[PDB]
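Depicted below, neridronate in association with epi-isozizaene synthase.
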Amino acid sequence: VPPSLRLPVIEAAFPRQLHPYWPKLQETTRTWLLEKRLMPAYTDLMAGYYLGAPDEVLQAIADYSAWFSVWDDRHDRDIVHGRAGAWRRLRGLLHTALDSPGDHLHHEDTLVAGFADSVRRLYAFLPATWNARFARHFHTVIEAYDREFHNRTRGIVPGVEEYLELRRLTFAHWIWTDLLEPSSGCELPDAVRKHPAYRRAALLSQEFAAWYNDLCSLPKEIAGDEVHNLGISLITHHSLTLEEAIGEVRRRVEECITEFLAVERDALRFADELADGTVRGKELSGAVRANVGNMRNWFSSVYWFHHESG
Ligand SMILES: NCCCCCC(O)(P(=O)(O)O)P(=O)(O)O
Ligand SMILES: [Mg+2]
Ligand SMILES: [Mg+2]
Ligand SMILES: [Mg+2]
């Protein structure tokens, strides 16, 4: 790891974890991409994150994660080609397929059909109230991708706070947070997952992942003159040099880690409180503990992914 990207606290205090299903995961996702014609003839990131997930849940999550990267690529291609109509039509179909995936399983657009299959499968694990929350969150993600389309085709660099708000949606913070719950086998009650310690631990895990991605791409994403990156917002609106922007993003990433360590303690104290001597409480306690454990695993999975992925 180059010194500008190295984070000793991750290396020393966040040991990597790997889900035992990882070998089958890689090839089964590749087979799904081929069968769905989503790439002409990433799973490790999920296998280091959703520890404890049932094999079938981890497979559905990995296929969705692979689909997501194929969507990011189509979005980028529509942007650089100025295909505003094609993007608008896709945007509309993803909104519709999210609410009615079965209707879109054999759509002419293979990206839409692949999306529908992955969502249909994710909808099969937990009650319909979880499905509705996933859908609510992902409708918001789609519209954030539309805002990025608008910004990038017009060459607009969002302000720092504007970007930070937008990135919580284009990175899909709340989708990865939602997916903790099928991974530990339990839809959490609103009073549990909205506990301030759970909420803050969940946020910091995703801010680390998004901002570290921005750090691992700032120099390349200048050069070619991009606009969506915390470092680019800092250079453009705060007159930072590239070196100054790298240091500022790095400090913000480092603070996510030590803020997370403090709130993790509170979240695990909350998990202890949930185990109140009843079976239901022990089950909720264990689900919270598992989910917070995987919020922690996201730090190390993301960190080492950026130094392994091409
Ligand atoms: N966690 C590592 C995968 C995150 C990929 C993030 C992106 O898709 P990438 O930097 O790969 O293009 P985004 O469009 O949000 O910048
Ligand atoms: Mg991208
Ligand atoms: Mg993107
Ligand atoms: Mg990025």
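We number chain A the way the PDB entry does; in order, the residues shown are 17-57, 69-337. Method of determination (from the header): X-ray crystallography, 1.6 Å. Order of appearance sets the numbers: ligands from 1, and atoms from 1 within every ligand. Side chains are part of it too, since the values below use all heavy atoms of this structure and drop only hydrogens, waters and symmetry mates.
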*Which ligands or chains belong to neridronate?*
ligand 1
*Extract every residue of other chains having a heavy atom under 4.0 Å from neridronate.*
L72, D99, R194, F198, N240, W325, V329, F332, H333
*Of all the atoms in neridronate, which lie at a distance below 4.0 Å from a heavy atom belonging to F332?*
2 (C)
_Atom indices of neridronate, in the order listed, that fall short of 4.0 Å to a heavy atom of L72_ = 1 (N), 2 (C)
_Under 3.5 Å: N/O of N240 near N/O of neridronate_ = yes
_Okay, next: other ligands or ions under 4.0 Å from neridronate?_
ligand 2 (magnesium ion), ligand 3 (magnesium ion), ligand 4 (magnesium ion)
*Can you check whether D99 has an N/O within less than 3.5 Å of an N/O in neridronate?*
yes
